[PDB]
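Featured here: a structure holding (R)-tolvaptan.
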Amino acid sequence: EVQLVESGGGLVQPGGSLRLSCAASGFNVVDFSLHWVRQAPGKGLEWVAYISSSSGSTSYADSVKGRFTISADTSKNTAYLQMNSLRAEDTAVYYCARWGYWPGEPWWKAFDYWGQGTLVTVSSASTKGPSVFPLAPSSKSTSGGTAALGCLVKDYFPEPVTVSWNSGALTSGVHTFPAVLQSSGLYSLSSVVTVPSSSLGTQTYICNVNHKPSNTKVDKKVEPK
Amino acid sequence: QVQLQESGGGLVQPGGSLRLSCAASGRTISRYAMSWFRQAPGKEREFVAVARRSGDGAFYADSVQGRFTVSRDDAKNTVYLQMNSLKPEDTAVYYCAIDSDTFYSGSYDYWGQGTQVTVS
Amino acid sequence: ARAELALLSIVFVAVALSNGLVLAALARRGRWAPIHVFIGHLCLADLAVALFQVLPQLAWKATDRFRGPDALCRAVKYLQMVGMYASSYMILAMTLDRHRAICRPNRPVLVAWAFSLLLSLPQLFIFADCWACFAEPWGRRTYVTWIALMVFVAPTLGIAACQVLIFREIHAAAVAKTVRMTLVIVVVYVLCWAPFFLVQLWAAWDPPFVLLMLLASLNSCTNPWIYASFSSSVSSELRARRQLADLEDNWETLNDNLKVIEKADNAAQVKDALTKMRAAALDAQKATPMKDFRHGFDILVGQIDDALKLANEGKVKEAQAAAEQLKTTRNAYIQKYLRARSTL
Amino acid sequence: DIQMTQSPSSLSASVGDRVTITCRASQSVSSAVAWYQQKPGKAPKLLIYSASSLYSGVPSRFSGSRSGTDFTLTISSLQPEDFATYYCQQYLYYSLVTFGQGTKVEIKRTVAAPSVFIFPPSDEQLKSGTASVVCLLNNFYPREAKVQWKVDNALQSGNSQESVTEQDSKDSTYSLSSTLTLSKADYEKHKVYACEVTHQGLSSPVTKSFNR
Ligand SMILES: Cc1ccccc1C(=O)Nc1ccc(C(=O)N2CCC[C@@H](O)c3cc(Cl)ccc32)c(C)c1
């Protein structure tokens, strides 16, 4: 089989520089033009740039014109996208697609094969651990039926965080919401669980927040007031 | 200036069929959403069905799914609710409402008198 | 009877003169392509109808009795049946040949002649003087309906279906001219021969003639005359569409974009015009006027892509110079394939 | 400068249905329109190329059609694997490729009203000078529901952030969490804190409130 892999994605400060790489295996770059496409988190696809290794012709989109530079290296069968002056709107996932050359059927097969893409995020905030707060099961809320507990992590900059309940013993009813980006540049996440109010006083609920970039493990119990 | 009126109703034999109609004057049915609700004399307001804009789809409750059908007519500015295989538990006043929000948020403000549908 | 004989003689003379003139012109010009062969055979069949049918019609009515053995009647009736079969069958063969020609840019004649020869065979048994025999329930009914089905019903229905297919494919212009000529020929044949078959069926199913005889005898001279009037070469000697329209629209769009390019000032206008050029070129390459056609449109698209690259680099004048080669490619191939409208 | 306008921004259907997604080009792009399918967390996969030819490898239930500048993707029979996002893209030239807004195919379900809970800020968080009040909507279908905050019977704007969980694997019902964040001084100057929820499955808005 033939495939395209991507590398060089990561975290840089705004206005910095980063060179994404796209290694194509199984086919030569001199036979296909290589395109870089970008998808913002929660938004649709957007074409960014293209390079024609054979003819040497290259083009960019209006939003990345002048700031990005795409080149090819047929010795390693790789494509390079040097990105400079990365504004806050460049946080996205970048895919490296191939496209055949006119004439023939290869040109009609537009973006037949893609790469898995790399996540490029720009931000001025640094790594810190999350602050865990208990959303308590208020007694007046649906008394005698089923109630909800929660744990809220408010300020943690590296997006991947893990929330578990009772060391993984509680799975039925738990909803872990996607992390939202606050106006302060940090992510906020909430994890709620729906349990019957008859077992509030008997059972104990302890949420575990695991944040590997900060090596922070917080085990916080939630109790009714 | 928006008024809404419903038709149909009455007594239906068990396992029978019926067809109610809801029409609004002073405001176009198109570009809105049309909902049908139930009200039993001893219960609260239950949801029955909703019809969206054109081909966006129609949704029903968990107790009337399959038995009920909602049809729309923007040219006549009306909606139809077809009931099949009725049960004596369906005896209620059926109200018609308009979703004011175009994004289907659920802003029901234009209610109606509703029609009484009873079984046996 | 004198008037009938005079009218038959006049018709025979006119048919013989017309068919002889047409055959002489065709032979003198061909001394070998389609249309010529089918028309020559049709004229030969008309001559056979005149000589072996009209002449016995005059010779029997000269004395109001037949003069000859039983085999003479058998042969003359068989040949008349053969000729009346051959007229319609070779008209059908011509229509099928035209359909074949319009499908893709002589056996059928021999097949039609064989059909005419073999379908007239019972005429060697019916007549035996030559008082025609009859079947026990009814003799005229069975053979009359058989003749109606085989000479008029089935051939006309087949020709109508073939004409429907031809008008489908044409509308999907020498070929159009020949199709119109064949349509006029079959219309004339139907108009001339319908009353005769209708009256013969009525005589069969419902247990005066000379007028319908003359009307049915008019086709044998009308066909060569209408062919001569509808054929330019013979007249001189005697003395698909929708795809084409789409191609024309795409080519005029390409020309308008060329005009925009030549008057363009900046790179954006050149890029937009070339984008329209590429769209039009792809749409035209989709249409079927084919390897050379697609190769030329590939060349056009490649030149458009080169000009687009040059305009992306900001070389507006160089892009216009490169796009000037699109005019050369157009004059090389687009005009050549547009000249195919003369065939159509 | 050529815009592809994918009309249905969201679609709901059950297994076995036939669905149709329509896309429109600003200019004439011939038949150079492709349809891609992307599952969450994965690269897009080419389904349809040349606006009619299905890619070698995809199932035959996908089809494409062209009428002038209107392109149509048709799924004859829905499948559990079919639910994903779909994009139309015109590829008239290398430097002119544009994608559509996308079309997310969901699972049809009966209407379920949300369960509304309200969580006041914790005493641990009040010591940090920031109070966050949470309003949770649980197990509702469809997705379209609105949440507003009435602090002292006054609506709020620009201080609330909403996060929605995607469709559940078991019951395919959504969950929403609206967090309203204030400073400690702003939190202690008000008494009534409430969140009001409106949904198509609710005849009347549901208000959850507390006093502190
Ligand atoms: C058509 C025409 C044009 C010009 C000159 C003469 C004629 C003409 O009438 N010929 C003619 C007439 C009669 C006959 C003729 O005995 N049979 C044979 C079968 C019995 C009879 O039922 C018949 C009916 C039909 Cl329908 C056709 C032909 C004939 C033949 C073989 C030829």
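Chain A is the first sequence line, chain B the second, and so forth, proteins listed ahead of strands; every chain is numbered from 1. Just so you know, ligand 1 is whichever comes first in the structure, and atom 1 is the first atom listed for that ligand.
To find every copy of (R)-tolvaptan, look at ligand 1. In this structure the chain with most contacts to (R)-tolvaptan is the one UniProt names Vasopressin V2 receptor. Taking 4.0 Å as the heavy-atom limit, the other chains contacting (R)-tolvaptan are C.
Residues with a heavy atom within 4.0 Å of (R)-tolvaptan: C/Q53, C/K77, C/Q80, C/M81, C/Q123, C/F127, C/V144, C/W193, C/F196, C/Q200, C/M213, C/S217. Listed by number with element, the atoms of (R)-tolvaptan under 4.0 angstrom from any heavy atom of C/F127 are 16 (O), 18 (C). Heavy-atom proximity to C/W193, at under 4.0 Å, picks out these atoms of (R)-tolvaptan: 1 (C). Listed by number with element, the atoms of (R)-tolvaptan under 4.0 angstrom from any heavy atom of C/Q123 are 18 (C), 19 (C).
The UniProt-annotated transmembrane segments of chain C (first at the N terminus) that reach under 4.0 Å from (R)-tolvaptan with a heavy atom are 2, 3, 4, 5, 6, 7. Atoms of (R)-tolvaptan found under 4.0 Å from any heavy atom of C/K77 (numbered from 1 in listed order, with element): 16 (O), 31 (C).
Close contacts between (R)-tolvaptan and C/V144 involve ligand atoms 22 (O) [criterion: under 4.0 Å to a heavy atom]. At least one N/O-N/O distance between C/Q53 and (R)-tolvaptan falls below 3.5 Å.
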